[PDB]
Each structure stands twice: as C-alpha cells, then as structure tokens.
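Here is the structure we will look at, set down as structure tokens.
Lettering of chains proceeds alphabetically from A, tracking the sequence lines in order. Numbers in chain A track the PDB entry; the residues on display, in order, are 32-1023. Residue numbering for chain B follows the PDB entry, covering 5-42 in order. Going by the PDB entry, the residues shown for chain C are 28-160, 169-217, 223-305, listed in order. Keep in mind that the numbers below use all heavy atoms, side chains included, and drop hydrogens, waters and symmetry copies. Just follow the structure's listing: the first ligand is 1, and inside any ligand the first atom is 1.
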Amino acid sequence: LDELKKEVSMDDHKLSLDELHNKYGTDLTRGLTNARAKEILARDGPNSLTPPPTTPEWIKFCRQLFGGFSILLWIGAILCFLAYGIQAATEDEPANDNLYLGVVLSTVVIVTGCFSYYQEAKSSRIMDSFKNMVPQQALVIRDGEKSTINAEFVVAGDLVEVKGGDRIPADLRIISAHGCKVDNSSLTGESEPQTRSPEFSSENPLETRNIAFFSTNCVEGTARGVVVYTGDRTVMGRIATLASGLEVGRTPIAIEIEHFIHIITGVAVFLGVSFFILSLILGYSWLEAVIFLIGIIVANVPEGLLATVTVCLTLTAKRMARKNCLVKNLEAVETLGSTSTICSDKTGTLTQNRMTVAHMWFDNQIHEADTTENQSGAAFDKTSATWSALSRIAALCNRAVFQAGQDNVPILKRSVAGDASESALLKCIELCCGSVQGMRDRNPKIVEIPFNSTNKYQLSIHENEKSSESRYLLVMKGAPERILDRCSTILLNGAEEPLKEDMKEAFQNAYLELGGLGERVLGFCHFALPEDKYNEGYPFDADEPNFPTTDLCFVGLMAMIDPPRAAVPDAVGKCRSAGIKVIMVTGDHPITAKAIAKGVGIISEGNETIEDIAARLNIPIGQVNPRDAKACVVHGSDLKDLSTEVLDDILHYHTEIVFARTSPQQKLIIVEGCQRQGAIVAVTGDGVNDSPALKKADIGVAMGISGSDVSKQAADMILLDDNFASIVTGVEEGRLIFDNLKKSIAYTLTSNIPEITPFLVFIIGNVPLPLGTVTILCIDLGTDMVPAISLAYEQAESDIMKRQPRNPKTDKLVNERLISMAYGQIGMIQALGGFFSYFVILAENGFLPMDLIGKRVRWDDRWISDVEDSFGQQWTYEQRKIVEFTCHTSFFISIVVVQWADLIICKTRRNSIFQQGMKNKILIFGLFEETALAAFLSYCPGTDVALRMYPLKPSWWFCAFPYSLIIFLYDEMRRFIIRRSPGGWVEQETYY
Amino acid sequence: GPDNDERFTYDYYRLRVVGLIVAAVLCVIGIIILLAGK
Amino acid sequence: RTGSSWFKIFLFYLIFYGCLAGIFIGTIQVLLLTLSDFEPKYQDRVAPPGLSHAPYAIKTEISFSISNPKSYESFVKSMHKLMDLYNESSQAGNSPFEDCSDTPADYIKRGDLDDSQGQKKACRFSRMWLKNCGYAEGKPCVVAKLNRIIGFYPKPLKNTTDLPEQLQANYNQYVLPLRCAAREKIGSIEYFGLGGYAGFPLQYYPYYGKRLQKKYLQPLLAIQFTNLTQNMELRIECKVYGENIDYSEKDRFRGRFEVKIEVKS
Ligand SMILES: C[C@@H]1O[C@@H](O[C@H]2C[C@@H](O)[C@]3(CO)[C@H]4[C@H](O)C[C@]5(C)[C@@H](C6=CC(=O)OC6)CC[C@]5(O)[C@@H]4CC[C@]3(O)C2)[C@H](O)[C@H](O)[C@H]1O
Ligand SMILES: CC(C)CCC[C@@H](C)[C@H]1CC[C@H]2[C@@H]3CC=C4C[C@@H](O)CC[C@]4(C)[C@H]3CC[C@]12C
Ligand SMILES: [K+]
Ligand SMILES: [K+]
Ligand SMILES: [K+]
Ligand SMILES: [Mg+2]
C-alpha cells in the first residue's frame, strides 16, 4: 500500500529527447494532437491528486460515546430502568426517582462527549494543501500552436511551456530551456534557485537538470519540457498520498488513559461481583445479589474524571498559546514530555533560512560577524582602514536592493530583491555601516561587468566620493582563487603591500578553514585607477576590457552561511540534558549539514565520523573501526542502498547522527526506524518535504512563520514565532502535566472509597444507608471538580528537565502505587470520617450505634410509622427519613472536609507542603468554592426536595475534622520518610 | 415546667440564613484570591 | 505482587488498620460519653408527634373478604401483637404500675429525668377499656396510639373559637381529641377510649423514656367502623388535635392516619 511510496523514484532523464517522444507518442515541436491529447486523458485520468479516505463526522463523536466509563454508565442507566420498568408496572411508585436517576447517567456521556471529541480532534487537510500547488491552468502546445488549458487536462506526452513566475504543472522532461532557474524546496527544503537545461547531469533523477518537478515553481527564465508524469504519479504526488494516507495512531497520553481504564474496570468488576457472592452468603437472591453488582458501578466509576483530564489538558494548552505555541490536539500537550528522540529538519527550523555573512578575512586576520536574528553577539572590528575598503566593495560591487517600504522592519528580516549571497553582503553592510544606498549615491556607478558564468567575478567602476580625487575606483568580487589570480598588492591596515608568497598562503589557509566551516567564500579587491589613462570623462568598455583587470589590490575575504537561529544551539543543549537524542534530518548537502550539526551541538566537540578518523590517521576508511566513531553523517544516496536493519544498527550504534541529502520518504524511514526501537519521536520541521515525517512523528512540530502550509497541516503543534526554544518549554510542560495529572487522579480516586464503603456496610451491617446516589454526584460533578482541575497549576517538586525521559512501557500514569494510596490508605481514613458523622447525627437524634445494627428492614419499612429509637421514642416514616437524609448530607460534607486534606497532600508527591508552599491560587480557590458549594446544597431552601439535602447544625461541620488533620499528618509523615530514605521501602510501595 | 416546648424546636430558618450568608462570603473570598492576577 | 515481602504488607495493615479502628472507636466512645442515658440531645425531628395504628396497613389500606376467615388473619396478628402488650396479667403489683384516674385526669410529673430515684412509676391501662376490640370480621376495629416523646405534654386546644367536633362532651382540660373523617359520608364512627371519650388522657404524660421507664404503657383509642357501606375502597383520615399537634403535606402520618378500608364480600 504505502510501502511502495517509501521507495525512491526511478526515471528517464537518461533517454534522448527523441527516445522520450518515441515513448510518449508525441511531437517535440508541434506537441500532441487535440485528438490524441483527449484520448490520452481518458486513458490515464486527470492531472489531479486523489483525496484520501476520510473518516465521517458521525462516527467521530460516536466512538467516544463508549469511552470506557461511558458504556458502564449505560449499563447503569439501562438497569436503573430495570427499576422504573418493574416499578411503573407492578408497583407504580409515582416519582422521577430511578427514571431521572437513570437519565443523568447516560447524558453524563453525551455532553461529556464534547470533551473527548475535544481531546481527539483532527485537522487533516494535507491533501488540500498539496492540491493548492497545482496551478489552475497550463500552457501547452497542441497541433503546433500554444494554448492555455485546465491543468487537469494535461497528459503524459504533451508539450508544456513554463516561464518565470509560474508553477510546474506536472513532472517534465526538459527538452528546451533559456536561462531557466527553478525552486525545488518542495523536494529538498532548499530554496536557492536551480538551473534547468536539456542535458542530463546526474544519474539521480532528483538531481539532474533536465527534469522539472510538479509542486515546484519556475523562478526565472523560460523552458519547454515533455510531461513524463501526471497527478498521483508525479514525485510529489506520491509524497502527498504517502503523507495524506498514513495511519496517525495512538499518543502516549491516550495509551496511558486506556491503561488506566483497564485498572479501573479491573477493580470495579472484582468488587462488583465480590459483593454478589458475599451478598449471597448473607441471604440475598439472584434478584438482590445481582442488583448490587450492577449497583457497585457509580462508586467505582469516576464520572468527573474525563472532564477533569480534559480541562487540565485544555488549560495547559491555553498557557502554551500564551507562549506563541499552538496545539491542534489536546493529547499533543503531553507528548513533548515523553519524547526520547527529536528528528529536526535543518533549514528554517534549526537555521534562519537566510544566507548571512559569518566570517571575514583581512588584515591577515579571521574575523567573526554576528549572525543572530536580534544580533545578540558582539562587534568584531571598525577601526581598520582595510575594513572600510572591503565594506566599500561589499556595498558597491553589489546589485541587491531592499524591497520598497520596510524601514519599519529590522534589516535581517526585510525582504531583498537579489540572489542570496548578494543579499547577505547588503544586509551585512547596512547593519554595521549605515545605509548602503548612501554609499551607492556618494560613489555613482559608471560601468560594471555583471558576474559572468565564465569570469567567475563581478566588477564595477565608480566615481569616488572623495573630492580631492573624484577619480575612478575599480571594485570586483568572485571566486577567491580567481580574485587572487588578479592581484599584485594587499591593503594591509590601510597601506598596500607586495603579495609575497608568504601571504599567498596565509590567505590560502584562511580560504581552506572558512571553506571547511561549510561556509561560502568570496574574494574582494579594488584598484584606485591611474587618472592619467582615465580622464574625468573617460569612456569605459564593459564589452572589451578598455581597462585593467589584472594586478589589483586584494582587500579581503567574506564567508557566509545560512546560520542557526539564536536560541537553537542552547535549545539543543537543553534537550540533550533532558536525555533526549537529537538527530538532524536534512535534504541539504552533507558539508553544510555537518557544519550546522557542530554549530548547534547535535555533534559535540571531539566527536568523530569514521571519515574524520581515517583523514586524521591518514588511513583508509575500510581500516577504521566503526565503533570508534560516535558521530555519523549519512548521505541519502547511501541511505537508499540500506536495509531497515542496517538503519536500525546505525541508529543503535551512534549518539550524534546526521542524515543529509535525504528525500521526504527517507525522513519518514528514519522516524519509523527510530520508533521501531521503541522511542517517542518529535519531528520538528517547516517544509513540504517534512510532511510525511511530521505526520508520522508521535508529535509533529511546525514553524509558524516560515513554515509551508503543508508542514503546518501535517503538524500537531505550531511554533507561531519560529522560536525553537519553545520546544524545550513544550517538553517541560508535557513533563509537568503528566505528573500533575497523577495528582488529580489520586485526588479524585481517593473519594471513591468513602463513597463505596457506605453501601457495602449498609448491606453487611444491616444499617440505614449512610450516603445516597444523589449525594455522590454532588461530590463528583460538583465539589471535587475545581479541586481536581486546580492540580494542573502545581509546579515541579524538582528540576524535571534534569531527569531522563520516562520509559513509556515501565513508568505508567496510573500504577498500583497510586491505587493502594488512594484506596488502601487515604480513602480509608476518609470513609471513617464519613461514618463518624453518620453515627453522630443518629446518636444525637436518639439512635445510638449499637441499636443501629440489623434495623434497615424496619427503618426502610414504609408501613412502620412508629420505629422505636434507643431512648424509647417512636418515629414515623418521613421523620426518621429526614434524619437519614440529614446523614446523607453530613456524610457528603465529611468528604469535602477530608478532601480538603487530600487536596493539600496531593499537591505534592515528594516534597513537604512546607517546602512546596501554597502559592497555587487556583487550588486555594478550589477549597473556598468547594466549601461554598456544599454549604449551598445544605442550606439553600428547596435543595431538601430537589436533592434531599438537609441543613446541618454548626456542630455537624466539625465531625470529620480530626480525620482531615490525621490525613494531613499521616501523609506529611510518610513523605518525610520517603525523602530521608530515597532507596527503598515507602518509596517503592507508595511513590506514584 | 409543663410548658417546655423549646425542647422540640430548632431555628432552622436562621441556620439556613447564616449558612447561605457564609456560603456567599466564602464564594466571594475565593474570587478575590483567584483574581489576584487573573 | 512481590515475594518474601508480603509479610511487610500483612503486618503493616494488621497494626495500621488496627490503629485506625482503634481511633475510630476512640472517637465513637468519646461522643457516646457526652449524651444522657435518659434523653436524646435533639428532639426537633420527632417535633410534633405522629399518629400510628395497630392494623398493619399493607400500603395504608385494609382490603379483605368477609366471606373468608383467613382473608384477614394478617391484620389480626398485628392487633394481637399490640394488644397482648396491654395485659392486666402483665401489669402486676403496685410496682412498677399505678392505678390511675378511671376518668381522664391531668399530667403526672414524676420528678426529673434522673436515676436519683428508681424506675419512675407508670399508669395502668386496661385493654378492657377498649370495649368491643378475632376482631371486627366485618366493619373493622382499628386501634390508634400517640408516638412517644420524652417530656412531651400534649395540649388539647382550649374552647374559644370554632372547633370541628363542636363542644360535644368536650373534656377540654384533660383529653387529646381524635376525630376520623373522609362529603363522601358513608361510614359509622365509634370510639372506645378511657372513661369512654375519644381521646388520650393527659394522665400518661410526660413520657419519661425507656431507660427511666421500661414497661411504661402509652394510651390507646379503639376506633370501630360499623359503617353502612360495603365492597368499595373507603378513604378515611383519623386525626388528632391540640396546640402541640401539627400535620404535614409530606409526613402523611404526622398526627394522623389515612386508611383504605374495603370489606369486599
Ligand atoms: C436491600 C435492598 O435495599 C433497598 O434498596 C437498596 C438497593 C437499591 O434498590 C438502591 C436503588 O435501586 C441502590 C442501587 O441498587 C445501588 C446504588 C446505585 C449504590 C451505588 C453503587 C455504586 O457504584 O454507586 C452508587 C449505592 C446506593 C444506590 O445509589 C442505590 C440506593 C437506593 C437503593 O434503593 C438501596 C430496597 O429496600 C430493596 O428493596 C432491598 O432489596
Ligand atoms: C469495607 C472494607 C472491608 C474495605 C477494606 C478493603 C481493603 C481490604 C482493600 C481495599 C484496597 C486494597 C489495597 C489497594 C491496592 C493494593 C496494591 C496492590 O499492589 C496489592 C494489594 C493492595 C495493598 C490492596 C490490599 C487490600 C485493600 C487494602
Ligand atoms: K464515584
Ligand atoms: K502525528
Ligand atoms: K470520586
Ligand atoms: Mg526546512
């Protein structure tokens, strides 16, 4: 299916033009016939990309409607209708009791559906972004005359004409071209224009000059070519299909949740049935022992937990938006924190995508310019008289211009008209010498020889600003070897000087070093023309050297590179300390790749590739032991020949990896290779060639500004400001919230216990029901909510960037250590706190605890309206019931009181509340508002019928207090243990 | 004496009053703390 | 799931859940200390008394066949379960019982709610005072009683304005009046009480509570419905009156019954 597309393309640039027409039943000069064009259309189909098998709107919502607790809640609703059915038939009990009870349960899911239909949304417009890149019309030749047609109507065989400005309508074989340059960033991620000529130039179809690709745009010139491939069959058409049609898959956080639902179900059904067999041994039929099993659902199923995890996810995402970091998926909030390996594209991701001047060589000295955006580095030189002579050539022997109307925007960001290298020089001088226009005015250009292909140099002649001269200056630049082949003298610190073979080598040194930095190098020289041979109105000839072009004063060297973004090197450093592996994956050339690798720290000082060793040692590479090399740099052309197992080993065996000159399918393979190992991988990229990789990563991050629309569609996150340092932040957030989610699970689950125990002891002890269905929902969908949510604003209990990535297989979000803590221990102290308030209310109304055993049958007997208490008094049905519901109400309140404690202790997993403090204002807000809700439900008139919640005497409020404080102490005690003895016991039994 | 009828009364009305008042205050206070910065 | 460490778990809970039961009990036993043996801390939940009766009403109903003896063996059970309590064989010696005014008299204070004196003495009540009431196999007999409340002096309304049973042999001072009603007048009410009246005698109050008065006996009021209607569901509401007596729209037993009698045969 998609495996064929992972293989690289196979072609026919090697064929002659004639052979090609031969193969496509086409004429080179006339083109196809209108008849044969139409025929060949219905044959192959449209010049159009075929959209992917989308997943409908209905099924997107309905798959969430069984999101674990969902289904289980239907079982309740449906079985609470087993109540309203047997009731409203045989024993018509007129009420909304079990009807409205059953109802809530189900519609708890429907409205909740929008929270997991918020967690698992998908912005999948890859193919539509690709489709945008096919022009609406094409210029073909049919029957020897040219006409524009719907680009879909283009077929293999016919003659297409493209010119500067337009888009390559299909894959073409260049048969004719005039000064044609093209933009192949869609394939390489590199934007510098590439020539198209009819002569084949490399055995590699993606490298040869006689093939022009769909999804690229003719940048200048004119060309004609024969359509070799249409629609889905084009190089990038295949990339679209590959990128569009990949299987997204489950995120870590999603898998952590699914795994938690299993543990949850696992105990819901162990106890659920365990209190069918125990109820049976006590004298209950398959009408009573069955109703209890299904009974013990709610109590075990956290109805509020979905909503919490979601608002938590959502609330975290909102913060990251506030840091210029857009998240398209809720699940993507976490993945950055579970990430073991990052596969980063180079150009426009790690780097600025902007040929910047990096180094200069003059005064027999290497200099280094500041290459950063906001120019955070320092000043290199201004004193030298040489510097200015150089500066002068850089500004004058230069034809680039800043596009109209940008004084607002900073230099290095403003768009320039001109080739990369000339823009670099322009931006350099404008920056550290004021207006270049200023110079070009003070020194009018009179004639120039524009950079030839053959000359390999560009010169100009200028009227000198200097009034005391106003004579003629010659300025030239080009290939550093060629500029030296035309020099006699050297402007050293102001004064010329013979070009002694001594300097002819200090230059040759500089040239080879800068060249090794992976930087592009230019030579610079000038000549103060002899006024004698050149009058004030002397004529010059740019056609035939009417003037000297030999024996000139060499002034300096300038070297430029597409430099790293400012915070990238550091961002890389931070990830590596977080124990994250950073792999460069670039379509760019290896020299350049490797140089940046070193520059941003992907390759660290001292590390070596086999080739480095062999060169140092002056031995063959066959004789170097591969394991001595920790770094590698793999060309795509080599990667192509390797089996997946061979990639796996390269992956296993190296710490500092650079895959260069990789195709889009190759970036995908690497990722797949990485995942095959088990890792969670973040792809960071910005081009249409990163699409398959971004779309395969566990999390794809795209660049906001420079990012192509395709990268943006394929990603899960957008860095809106192109700030790579955001990546570090993202991982830190994903780590923080993973933790703080545990805390919220712990907090929520704990109150499960005090909600379950009452119904059990109700059956086991034959006592009146201490807490009711309605009461529990007020805890779960009411009072525990803001507390639970508020745990997401918890901080780190340590430097979490300092720790390794979690092992996703071993380090679960919900482990046994959390269940034993929420259930076995804390929730247990919570149940007693509740049961106490129970015994208090009854005992104070005349029912001492001893007499409570065995009573429920009299108590719930509706026909007895004279139940005798412990003191001898007699109680009607409603009377005693009002007392019980008051118990329901104070039990409810007991939980809140002890959820106070659980909140403060779930605030930390290791630290003392005395170390972490109480700066979380959202949490504190939780306590107040939670208590305010409970007081409301208690004291608000009407809530004694709408919810069977009764008013509590002030004394009732303090029953649980000793139990709330014991929780605080118990846990504060226990973590004090944890810290003291890191190694063993309390930690391995109870540490989350 | 035979007129002990307070022994079967409780001012639930005033309780319900003071309960709601307190609830409203706690409610407000919570805001004041949350909105310490927004 | 561990090994050679479970002993570190079992032993843990043994004396942790131990410590916790120990504390939980610890707090019940303190609470228990701060309550009277004789009187509950709150009584505003029994606040006005409810009225309850002997015929165990299935669902506030007593439908039964006259042409069948065991068509009502049930109700008779609860009747005798209740009546067996008012035996004169039981009430023996001047202790702990007292012969009281054969005619409704006033309250009887017996000191304080202390054990400074032994068991506070209790008035007698002959079930013979319930003349006429197997019971009524037709046109049944129903026994009423007032739910016991410690220190509750039921106060009959004083004759000042209009009153339903308008001043009819009104014992204003010493009887808590019970009237039964349903328009729809198809019954025949009769009331077997103490001294003959249709109320409760104030000479049984205040109730002193079980711990200070076990074997105390509260009054009764037999109500016979020798009506002239048959084979239909009849809805009659017996109700008590007084200053200290109030009724509720939810507690349909708060100082009153609601019986669905049907002598179907
Ligand atoms: C012994 C039994 O007691 C009485 O009923 C009891 C069982 C059952 O009927 C219900 C209502 O259906 C149960 C229901 O089943 C299970 C619950 C949902 C359960 C939960 C578990 C959970 O996970 O969340 C909540 C706790 C209480 C619960 O909310 C209700 C509470 C009212 C009750 O009425 C109580 C009747 O008198 C009956 O006739 C007699 O058989
Ligand atoms: C109503 C009464 C009987 C409830 C008491 C339930 C007790 C016995 C249950 C409920 C929760 C349970 C604990 C919670 C989870 C764990 C962690 C697990 O890895 C081993 C068992 C252990 C440590 C459990 C032991 C038994 C336990 C303490
Ligand atoms: K629950
Ligand atoms: K993805
Ligand atoms: K819960
Ligand atoms: Mg890029």
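- The compound at ligand 1, a drug or drug candidate, is named ouabain.
- Here the macromolecule bound to ouabain with the most contacts is known in the PDB entry as Na, K-ATPase alpha subunit.
- Other chains with any heavy atom closer than 4.0 Å to ouabain: A.
- Other ligands and ions closer than 4.0 Å to ouabain, by number and name, are absent.
- By chain and number, the binding site of ouabain at a non-hydrogen cut-off of 4.0 Å is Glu319(A), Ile322(A), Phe323(A), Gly326(A), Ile327(A), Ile328(A), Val329(A), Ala330(A), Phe790(A), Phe793(A), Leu800(A), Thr804(A), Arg887(A).
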